[PDB]
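Down below is the structure, laid out as structure tokens.
Residues: numbered from 1 along the sequence shown. The analysis underlying the following values was restricted to heavy atoms, covering all of them including side chains, and did not include hydrogens, waters or symmetry mates. We count ligands from 1, going down the list as the structure has it; atoms in each ligand are counted the same way.
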Amino acid sequence: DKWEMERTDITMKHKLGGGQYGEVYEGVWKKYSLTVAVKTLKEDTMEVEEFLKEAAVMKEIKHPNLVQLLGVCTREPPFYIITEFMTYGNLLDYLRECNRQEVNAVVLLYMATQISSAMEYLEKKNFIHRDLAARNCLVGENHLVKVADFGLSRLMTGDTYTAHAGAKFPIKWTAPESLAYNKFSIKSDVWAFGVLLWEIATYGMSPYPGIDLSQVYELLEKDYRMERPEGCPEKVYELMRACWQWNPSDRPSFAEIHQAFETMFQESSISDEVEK
Ligand SMILES: CNC(=O)c1ccccc1Sc1ccc2c(/C=C/c3ccccn3)n[nH]c2c1
């Protein structure tokens, strides 16, 4: 296997983001002076197969807006999955703490374009994402945004993936058919993407603010949808609302979504330069 490394090339430091990602540590790949992120797994565990599965998935996936695997150490008790280090952390915290004059309207469009690009790639590859949200997107330099591979699952048959029995997902990001039946399709991801667009537009506000979890499904079933946040362009809100169609088949594909954002991003860019 080309991906294998020797664990002593890595200098391990402290847990990233106060443990919000679980067992992921800042590390240094000594012979490149390169900071990295290192997912680790205790040796006393029953999750070895799942963890190797994550690695195998990471081997198959490659895209500029998906967090990149760098190497694994999987022949010795503490298993490692080493990924690139994203210096600005998760996108949700980034949006909340950022200078909004730097991270302005055009940057927001750019971030959405990047994520939609990643999702269109996954769509074509017959993958779905079980955890599409701002908190699971990572930010590097120059407003580079990548979706984390955590939550990625490949469809072996059909267009639906069923989450492990008893699974509990965050209600406010989850498509109603997924809440109801535990089925995730790429259309469920389109729903989640609409919510992510709302997280971006509001600089990291919680969705359905003030609304209690217990009411969300019924409210959605009865056509309740979040309103347009101030500052949000109408075309972006319309796309958001297209993502929140009750029937999965009425939602646009990520190909259509990415193309819409690419077009809007270009027009803003062109209009930006035209102003001198
Ligand atoms: C086991 N958990 C995961 O694999 C996971 C889940 C959600 C999102 C990501 C990951 S893996 C991961 C986590 C953090 C990172 C980072 C940087 C984290 C960070 C966080 C705060 C401040 C600065 N940096 N770079 N690359 C990463 C890869």
Drug identity at ligand 1: axitinib
Identify the macromolecule bound to axitinib in this structure with the most contacts, using its name in UniProt. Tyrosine-protein kinase ABL1
Nearest to atom 22 (C) of axitinib, what protein heavy atom do you find, and at what distance? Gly89 CA, 4.0 Å
Where's the contact between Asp149 and axitinib, heavy-atom distance under 4.0 Å: side chain, backbone, both or neither? neither
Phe150 and axitinib - part of the residue with a heavy-atom distance under 4.0 Å: side chain
Atom 15 (C) of axitinib: nearest protein contact (heavy atom, Å): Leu138 CD1, 3.6 Å
Within reach of axitinib, part of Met86 (heavy-atom separation under 4.0 Å): both
Per UniProt domain annotation, where in chain A do most residues contacting axitinib sit? Protein kinase
Per-residue contact class, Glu84 against axitinib - non-hydrogen pairs under 4.0 Å: backbone
Protein heavy atom at shortest distance from atom 7 (C) of axitinib: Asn136 OD1, 3.6 Å
Heavy atom of the protein closest to atom 23 (C) of axitinib (residue, atom name, distance): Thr87 O, 3.7 Å
Deposited covalent linkage of axitinib: none
Compute the shortest N/O to N/O distance between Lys39 and axitinib and return yes if it is under 3.5 Å, no if not. yes
Tell me the protein heavy atom at minimum distance from atom 9 (C) of axitinib, and give that distance in Å. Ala148 CB, 3.6 Å
Any idea which protein heavy atom is nearest atom 20 (C) of axitinib, and the distance to it? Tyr21 OH, 3.1 Å
